[PDB]
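Notes on a structure featuring desipramine.
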Amino acid sequence: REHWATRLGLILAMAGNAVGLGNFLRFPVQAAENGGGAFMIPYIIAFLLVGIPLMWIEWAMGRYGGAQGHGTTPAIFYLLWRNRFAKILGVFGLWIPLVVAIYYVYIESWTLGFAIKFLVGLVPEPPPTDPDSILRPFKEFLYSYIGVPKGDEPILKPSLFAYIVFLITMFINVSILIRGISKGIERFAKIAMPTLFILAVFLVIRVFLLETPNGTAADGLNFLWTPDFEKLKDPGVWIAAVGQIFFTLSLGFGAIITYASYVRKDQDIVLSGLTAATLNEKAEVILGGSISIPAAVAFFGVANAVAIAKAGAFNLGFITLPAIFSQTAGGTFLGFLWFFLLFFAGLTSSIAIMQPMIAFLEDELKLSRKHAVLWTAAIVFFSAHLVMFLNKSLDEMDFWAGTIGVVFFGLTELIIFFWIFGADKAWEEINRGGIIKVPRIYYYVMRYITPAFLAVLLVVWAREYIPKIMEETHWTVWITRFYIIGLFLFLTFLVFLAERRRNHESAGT
Ligand SMILES: CCCCCCCCO[C@@H]1O[C@H](CO)[C@@H](O)[C@H](O)[C@H]1O
Ligand SMILES: CCCCCCCCO[C@@H]1O[C@H](CO)[C@@H](O)[C@H](O)[C@H]1O
Ligand SMILES: CCCCCCCCO[C@@H]1O[C@H](CO)[C@@H](O)[C@H](O)[C@H]1O
Ligand SMILES: CCCCCCCCO[C@@H]1O[C@H](CO)[C@@H](O)[C@H](O)[C@H]1O
Ligand SMILES: CNCCCN1c2ccccc2CCc2ccccc21
Ligand SMILES: CC(C)C[C@H](N)C(=O)O
Ligand SMILES: [Cl-]
Ligand code: NA
Ligand code: NA
């Protein structure tokens, strides 16, 4: 069994797991689209009532399972609840991270592609006034890279460069994962995190130096950090805030659990878990929130910045920011640093969502690390073609797996660990070996508050928001739904084979 060599490696690996594209690309959009400061209140509450408690729960379930040679939920859920059904529900712990990896790695490859082009200076050349004359060249740049449709058809035509970069991205992910936990994920985390931090701070510093006739970077911070209690009664903001919390902290993806399964039985998961969660939040609200938003508001003002965030989730990070940078000396290089930052941020997170499948193949099907990594890479690479060529396929996978799936799974793992397994056993398991104890009140939060909070959230969602996404979408969404449902059946079949394999082994022993 592989174990994290050092505590710093563990923290930086777990921090690398959480700190990713969600901090720098997703958070800014979610905040701006929901009133900025009006989004922060529910976000902070969601972090305290959902983020923190679930982080500890996943670290606990992981370490508990790893002690018995299991790093994924199909097996761990069964250990906590001896029921054939626990194995089915556990499949989501392999499905979610696999589906998310299918589109996450692709988006990650974009940042590598852009980074390369911006470094070499193969970027557009804007006409020397007029906002549209500045932004259009960059919009075209993105649209040509990923191949956005021009006609009436929902078909994408990625550039050859984009495709080749995706292959390289997969290769880089494999090169790290194939070396294992300590010599792969950990070695890399110790290099990537410090780099990521320096790049992020440098960018924040450069961004503040932005002052135009429309505003300053300070105006952006005020927008993001000014309370608006008139939206606290809006369910949509709460759904957005909770969704962001889950995504940014890697909760409900089965990633934290798998990583924690490599933590030694005696090791502290309380302080370690809290540190990883805190590092992510700092990287999100302080770093992530201080780059994109302040820069957009500085050049276009609050109103226009918000409109740009509402048009295309990728606008602000792949079109707007590099466009804004292009108007300053060394702006192309600054764009390179922005995309290089995103690449490392994503790379440290993509290896985390691919490890669960790898761990399952090693733990349950007894495959060698080499074979487990290559097969996982093959499944992701192949499946990724659907996201690369079918328009809005990405949007669909992100919803079922990265949005609904994670909240549902988060509630499932809590119920299984804190209700079925036992609230008092769970509590003991979480605190065992801890350098610090979990505050007493959190017992009540985990047992009553968190589950009730997520239960209400899921109910409202399925009533006033999801029916539209089941009756107001293009027919091609069914191609993606069909395929991801097939992935679930495939994983269920593997769980079944793992059962038959273990049974046969128990007879020979
Ligand atoms: C995975 C099973 C079959 C995959 C076939 C992939 C064929 C990719 O084909 C490539 O697509 C690129 C755009 O994405 C084009 O730019 C290339 O010219 C084209 O050769
Ligand atoms: C550097 C790591 C991967 C580099 C892949 C480069 C793929 C280049 O691909 C080429 O790009 C040219 C534009 O630059 C196009 O005009 C060509 O049609 C295209 O085939
Ligand atoms: C993902 C499920 C199916 C993916 C099918 C991808 C088929 C790619 O097909 C290729 O597309 C290229 C343009 O991108 C064309 O230039 C090639 O002639 C065509 O063969
Ligand atoms: C399914 C996910 C992506 C599918 C991309 C399909 C791109 C198809 O492209 C089409 O391929 C046909 C042959 O199959 C050709 O006869 C058409 O002329 C060509 O436009
Ligand atoms: C509305 N569709 C775009 C969905 C994808 N998306 C992702 C997903 C993974 C990593 C980054 C992002 C950045 C853009 C973004 C913003 C808000 C929700 C989802 C997303
Ligand atoms: C899916 C997770 C690994 C995503 C990561 N926590 C991020 O914020 O990008
Ligand atoms: Cl290109
Ligand atoms: Na994050
Ligand atoms: Na990361």
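By the numbers in the PDB entry, the shown part of chain A spans 5-132, 135-515. Counting starts at 1 for both ligands and their atoms, in listed order. Method on record in the header is X-ray crystallography, 2.9 Å.
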Practice prompt. Specify the chains or ligands that represent desipramine.
Written response: ligand 5
Item to complete: Count heavy-atom pairs within 4.5 Å of desipramine for each chain, then name the one with the most as the PDB entry does.
Response: Transporter
Worksheet item: For chain A, which organism does the PDB list?
Response: Aquifex aeolicus
Item to complete: Name every other-chain residue that has a non-hydrogen atom under 4.0 Å from desipramine.
Response: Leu25, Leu29, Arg30, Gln34, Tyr107, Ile111, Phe253, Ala319, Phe320, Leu400, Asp401, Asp404
